[PDB]
Novice: 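Lab note: zopolrestat/aldose reductase complex loaded, questions to follow.
Numbers here simply count residues along the sequence, with the first being 1. Start at 1 and go down the list; that is how both ligands and their atoms are numbered.
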Amino acid sequence: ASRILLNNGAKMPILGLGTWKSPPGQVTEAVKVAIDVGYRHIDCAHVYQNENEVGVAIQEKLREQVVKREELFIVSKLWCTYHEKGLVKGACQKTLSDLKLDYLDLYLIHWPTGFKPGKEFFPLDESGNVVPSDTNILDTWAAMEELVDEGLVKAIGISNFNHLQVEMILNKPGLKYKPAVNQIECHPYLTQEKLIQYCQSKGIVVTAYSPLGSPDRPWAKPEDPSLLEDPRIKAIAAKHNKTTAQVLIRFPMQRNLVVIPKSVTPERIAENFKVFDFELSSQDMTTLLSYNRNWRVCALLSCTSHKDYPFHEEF
Ligand SMILES: NC(=O)c1ccc[n+]([C@@H]2O[C@H](COP(=O)([O-])OP(=O)(O)OC[C@H]3O[C@@H](n4cnc5c(N)ncnc54)[C@H](OP(=O)(O)O)[C@@H]3O)[C@@H](O)[C@H]2O)c1
Ligand SMILES: O=C(O)Cc1nn(Cc2nc3cc(C(F)(F)F)ccc3s2)c(=O)c2ccccc12
């Protein structure tokens, strides 16, 4: 089907629109187009600096009665400089005000690592190290549970948490709400079989980000591999008369994942949505899995000393 059941009882569309790097002056039309062609799930974050512009689109389509609020699945994330107990609600409310919403369908802890609070998203020390905060993921989680009890968010989850970090939450003394989602990087060069099996076995839905390999990531290098240009993946697309992006989106769907491709190009927003009329074979699926190379697009050097850095752990 087009939605997956979460452990809070709500249904989540398995295809959503990503918004990182979408320019503020193009994202409003991108989201309007996406809602017109069928998207019902938008992935957002405060740190993306465009939630106000995303919100304008949502509100105009609610106003035009193109969609009802209950049909939408809007996701945002708590940035690293707001992990303190005291700061979490205000951060949520700023995202709700920008998005012109009175609740979120899902709010995530964006990364396991807390950073010093302040105006800078990445506060650095004089030698370029991120300055941590002395907060821990368990008290931040409790702060997230309160947002559920206050009606601000319907579900809470995590992002970029490794298996020991998910387990820390699942084992939290006094845990009130389990995380509904873990949103992680996932594509054929980073297949994440171990972390996905762990999360699914715990009834945690996995959302796959950068499913096209984030070719617009700012730190991309020409020497970097390219999923969209991999002729083996092109061949599989060509077998099904689809584009490579369409194969790349359909692949996590058939692993019972949610996937959130980003685009601000209307033709591609539409193309990326036409992934419900074809299936990859089980053989196609194992072949795509075989391209794993443990290549990660999303990390940041300056954060690697943080005690809560998620990617030293194998998974
Ligand atoms: N939780 C987190 O830490 C985290 C981290 C990274 C990403 N995310 C979320 O995941 C979303 C998707 O990840 P991403 O933005 O890193 O990258 P992505 O979706 O893997 O790739 C986006 C790039 O692909 C291009 N593209 C889209 N559709 C295409 C198509 N059909 N054919 C060819 N190129 C196409 C886009 O170009 P145009 O836009 O120019 O069309 C853009 O340059 C993000 O936007 C964000 O919402 C979350
Ligand atoms: O975050 C987005 O959605 C995309 C994203 N990713 N990254 C790469 C990152 N790598 C990290 C590693 C840690 C770590 F936990 F490992 F310390 C913590 C935080 C980060 S940000 C960025 O630097 C970034 C900057 C602005 C807006 C979005 C992003």
Novice: Locate zopolrestat in the structure and include all copies.
Specialist: ligand 2
Novice: Can you name the other ligands or ions lying under 4.0 Å from zopolrestat (ligand 2)?
Specialist: ligand 1 (NADP nicotinamide-adenine-dinucleotide phosphate)
Novice: Where does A299 meet zopolrestat (ligand 2), judged by heavy-atom distances below 4.0 Å: at the side chain, the backbone, both, or neither?
Specialist: backbone
Novice: Which heavy atom of the protein is the closest neighbour of atom 6 (N) of zopolrestat (ligand 2), given with residue, atom name and distance?
Specialist: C298 SG, 3.5 Å
Novice: Could you see which bit of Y209 sits under 4.0 Å from zopolrestat (ligand 2), with heavy atoms only: side chain, backbone, both or neither?
Specialist: neither
Novice: Closest non-hydrogen protein atom to atom 27 (C) of zopolrestat (ligand 2), residue and atom name please, with distance?
Specialist: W20 NE1, 3.4 Å
Novice: Mind checking whether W219 has an N or O less than 3.5 Å away from an N or O of zopolrestat (ligand 2)?
Specialist: no
Novice: Hey, quick one: which residues UniProt lists as binding NADP(+) in chain A have a heavy atom under 4.0 Å from zopolrestat (ligand 2)?
Specialist: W219
Novice: So if I count the atoms of zopolrestat (ligand 2) from 1 in the order they appear, which ones are less than 4.0 Å from some heavy atom of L300?
Specialist: 9 (C), 10 (N), 11 (C)
Novice: Looking at this entry, which organism is chain A from?
Specialist: Homo sapiens
Novice: Quick one: does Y48 get a heavy atom under 4.0 Å from zopolrestat (ligand 2)?
Specialist: yes
Novice: Please state which protein non-hydrogen atom is closest to atom 17 (F) of zopolrestat (ligand 2) and give its distance, to 0.1 Å?
Specialist: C303 CB, 3.0 Å
Novice: Could you tell me if any non-hydrogen atom of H110 lies under 4.0 Å from any atom of zopolrestat (ligand 2)?
Specialist: yes
Novice: Measuring from atom 26 (C) of zopolrestat (ligand 2), which candidate in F122, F115, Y309 has the nearest non-hydrogen atom?
Specialist: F122
Novice: What atoms in zopolrestat (ligand 2) come closer than 4.0 Å to a heavy atom of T113?
Specialist: 14 (C), 15 (F), 17 (F), 18 (C)
Novice: List the closest UniProt active-site residue of chain A to zopolrestat (ligand 2) along with its heavy-atom distance to the nearest 1 Å.
Specialist: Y48, 3 Å
Novice: What is the nearest protein non-hydrogen atom to atom 13 (C) of zopolrestat (ligand 2), stated with its residue, atom name and distance?
Specialist: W111 CE3, 3.4 Å
Novice: Answer yes or no for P310: is there a heavy-atom contact with zopolrestat (ligand 2) below 4.0 Å?
Specialist: yes
Novice: Name the UniProt substrate-binding residues of chain A with a heavy atom closer than 4.0 Å to zopolrestat (ligand 2).
Specialist: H110
Novice: Report all residues and nucleotides of other chains within 4.0 Å of zopolrestat (ligand 2) (non-hydrogen atoms).
Specialist: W20, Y48, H110, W111, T113, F115, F122, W219, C298, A299, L300, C303, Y309, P310
